[PDB]
*Asks:* 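Below is a deposited model of Estrogen receptor with RAD1901 as ligand.
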2 protein chains.
Amino acid sequence: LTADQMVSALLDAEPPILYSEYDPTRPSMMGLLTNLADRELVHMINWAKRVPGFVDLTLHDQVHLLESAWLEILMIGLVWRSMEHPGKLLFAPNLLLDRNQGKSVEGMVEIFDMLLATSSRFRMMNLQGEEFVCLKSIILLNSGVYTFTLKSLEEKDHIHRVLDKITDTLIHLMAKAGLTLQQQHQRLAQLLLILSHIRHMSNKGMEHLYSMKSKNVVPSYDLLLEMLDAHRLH
Amino acid sequence: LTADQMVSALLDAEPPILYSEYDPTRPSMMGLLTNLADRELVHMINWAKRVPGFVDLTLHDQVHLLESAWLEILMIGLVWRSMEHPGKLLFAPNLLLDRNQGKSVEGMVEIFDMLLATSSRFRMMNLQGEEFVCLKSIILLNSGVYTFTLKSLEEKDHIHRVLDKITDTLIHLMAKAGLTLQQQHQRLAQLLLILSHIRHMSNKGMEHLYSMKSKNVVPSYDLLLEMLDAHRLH
Ligand SMILES: CCNCCc1ccc(CN(CC)c2cc(OC)ccc2[C@@H]2CCc3cc(O)ccc3C2)cc1
Ligand SMILES: CCNCCc1ccc(CN(CC)c2cc(OC)ccc2[C@@H]2CCc3cc(O)ccc3C2)cc1
């Protein structure tokens, strides 16, 4: 694929923005966030299978990547959605929350605060949609590569080749916009350093989920495999 | 500073490699690792104060950065030390451990495994010492920038300016070595993506320390401030 075709593939693969399920005519938070994220995950699977190179991996490796990255992907999506809404997190168009509304759950305002900080950072850098889809694909391919035989060596080589292709695509987007070569590598670095903070927020979020001690709230490898291991009957 | 002078400053600022304290004539693990890391932290402070731009920050902001980054810095140092020792972690020249020797502590082999994976990754990329010192400085300036007034806006602007200068330095190292422009941004991206895994390992390690429920094992803000807030009487 060319860089322009890579971008086009990623934009067309974008998942939709889902709504929270609550009667708007009625006067709770963990349940809304749980239901929303669970519905988003199904669309995640569909999106990941359209990330170029992802379906060339073994199904086992596909599951490992999604297992490691799913919460990071949910959060970067949230941060991107919330970019143009200072001080608020657009979990859904009908669920736009501020940090005060997170005080009703222990541990929530801390996570809200980091998401709000990342969204403000996105805003100051004026993150573009084309950069955002590249970053999200990078998360999917990178976050689990470190926890994977002759086959595994070939899978890791392919992942790094795709990641390199995404780097080239980000640089190409930046060159097309008229940035100097110095501005290009400076902006590439700034965007990739943000991914370390997204990892950070995900780990804090995973801590919260595991503390909930709920059977199904963290998606199992078997569930993720069931979702990814689709048949060809449709 | 020029890029060559930046590199020279970072190399000269490097901390020493400390030894574990144990009678080698005698026949335990958490205690050795605790003592070693605590002695390393004092040298960390000295090193951080020599990272160009770091001492231009407020002392409050200096402490915040070190509080967020100290375990990441310890682990990248470990991974770098262990690079030329496949399957082992060189905690110290007299404490070279394999993953089997981590099975004696619950949760240890999992952390060992991620450190070993990162060290193998360093080895395959043939990480250079000049790149390593740049990456370590990036960790110090980046890992806490998201949890910080007119003064704070100026502090964050300065941090991003220094980070941009470190990006330029990494690219300069790569250009001097004869890499193409494409190889330069591909390698920059590969190195910065590794920092997301170092964040990951640090968060898992922080989880372990907080579970220990030991008063002094996680350095307090006040302790870090006491260490950083030095007088000019020597
Ligand atoms: C798919 C498998 N089962 C998912 C079940 C599930 C998922 C998420 C949560 C809520 N959670 C866990 C980190 C959370 C908690 C907070 O304070 C404690 C603050 C913010 C959050 C996220 C922040 C990102 C985010 C993005 C979205 O797109 C949608 C929701 C959220 C909530 C509960 C249960
Ligand atoms: C400075 C303030 N007080 C520090 C007190 C302290 C620090 C560290 C640890 C041990 N720990 C916590 C993550 C650990 C535990 C493991 O399994 C459970 C495996 C590996 C580790 C690290 C891996 C990196 C690393 C690098 C070094 O340069 C030296 C040691 C280590 C151990 C205990 C107590």
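Lettering of chains follows the sequences in order, A, B, ..., and the numbering in each one begins at 1. Note that ligands are numbered from 1 as they come in the structure, with each ligand's atoms numbered from 1 the same way. Every heavy atom of this structure was used, including side-chain atoms; hydrogens, water molecules and symmetry mates were not.
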*Asks:* Other chains near RAD1901 (ligand 2) with a heavy-atom separation under 4.0 Å: which ones?
*Replies:*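 Counting heavy atoms only, the answer is B.
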*Asks:* Under 4.0 Å, heavy atoms only, figure out whether RAD1901 (ligand 2) is touched by the backbone of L209(B), its side chain, both or neither.
*Replies:* side chain
*Asks:* Taking atom 27 (C) of RAD1901 (ligand 2) as the point of reference, which of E40(B), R39(B), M44(B), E110(B) owns the nearest heavy atom?
*Replies:*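 Comparing heavy atoms across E40(B), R39(B), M44(B), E110(B), the nearest one to atom 27 (C) of RAD1901 (ligand 2) lies in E40(B).
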*Asks:* Number the atoms of RAD1901 (ligand 2) from 1 as they appear, then name those within less than 4.0 Å of a heavy atom of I111(B), with their elements.
*Replies:* 16 (C), 17 (O), 18 (C), 19 (C), 20 (C)
*Asks:* What are the atoms of RAD1901 (ligand 2), with element, lying closer than 4.0 Å to any heavy atom of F112(B)?
*Replies:*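 Atoms satisfying the 4.0 Å criterion: 19 (C), 20 (C).
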*Asks:* Name the UniProt domain of chain B that holds most residues in contact with RAD1901 (ligand 2).
*Replies:* NR LBD
*Asks:* Just let me know how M201(B) lines up against RAD1901 (ligand 2), side chain, backbone, both or neither, with a heavy-atom cut-off below 4.0 Å.
*Replies:*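 Neither; nothing of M201(B) gets under 4.0 Å from RAD1901 (ligand 2).
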*Asks:* Heavy-atom contacts with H208(B) under 4.0 Å: which atoms of RAD1901 (ligand 2) show up? List them by number with element.
*Replies:*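 That gives atoms 18 (C) of RAD1901 (ligand 2).
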*Asks:* Any idea which atoms of RAD1901 (ligand 2) are less than 4.0 Å away from a heavy-atom of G205(B)?
*Replies:*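 Close to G205(B): 13 (C).
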*Asks:* Which RAD1901 (ligand 2) atoms are under 4.0 Å away from a heavy-atom of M75(B)?
*Replies:* 24 (C)
*Asks:* I'd love to know which residues UniProt tags as binding 17beta-estradiol in chain B are close to RAD1901 (ligand 2), meaning a heavy atom under 4.0 Å.
*Replies:* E40(B), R81(B), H208(B)
*Asks:* Heavy-atom pairs closer than 4.0 Å: do any link RAD1901 (ligand 2) to the side chain of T34(B), the backbone, both, or neither?
*Replies:*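 Both the backbone and the side chain of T34(B) come within reach of RAD1901 (ligand 2).
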*Asks:* Any N/O of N216(B) closer than 3.5 Å to an N/O of RAD1901 (ligand 2)?
*Replies:* no
*Asks:* Considering the heavy atoms of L78(B), write down every atom of RAD1901 (ligand 2) situated less than 4.0 Å from one of them.
*Replies:*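 Within the 4.0 Å cut-off of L78(B), RAD1901 (ligand 2) contributes 24 (C).
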*Asks:* Hey, does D38(B) come in under 3.5 Å of RAD1901 (ligand 2), counting only N/O atoms on both sides?
*Replies:*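 Among all N and O atoms of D38(B), at least one is under 3.5 Å from an N or O of RAD1901 (ligand 2).
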*Asks:* Below 4.0 angstrom from a heavy atom of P219(B), which RAD1901 (ligand 2) atoms are there? Numbered from 1 as shown, please.
*Replies:* 2 (C)
*Asks:* Is it the side chain, the backbone, both or neither of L41(B) that has a heavy atom closer than 4.0 Å to RAD1901 (ligand 2)?
*Replies:*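 Side chain only.
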*Asks:* Does an N or O from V217(B), backbone or side chain, lie closer than 3.5 Å to an N or O of RAD1901 (ligand 2)?
*Replies:* yes
*Asks:* Heavy atoms under 4.0 Å from RAD1901 (ligand 2): which residues of other chains qualify?
*Replies:*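 At that heavy-atom cut-off, the site is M30(B), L33(B), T34(B), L36(B), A37(B), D38(B), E40(B), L41(B), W70(B), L74(B), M75(B), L78(B), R81(B), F91(B), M108(B), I111(B), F112(B), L115(B), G205(B), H208(B), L209(B), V217(B), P219(B).
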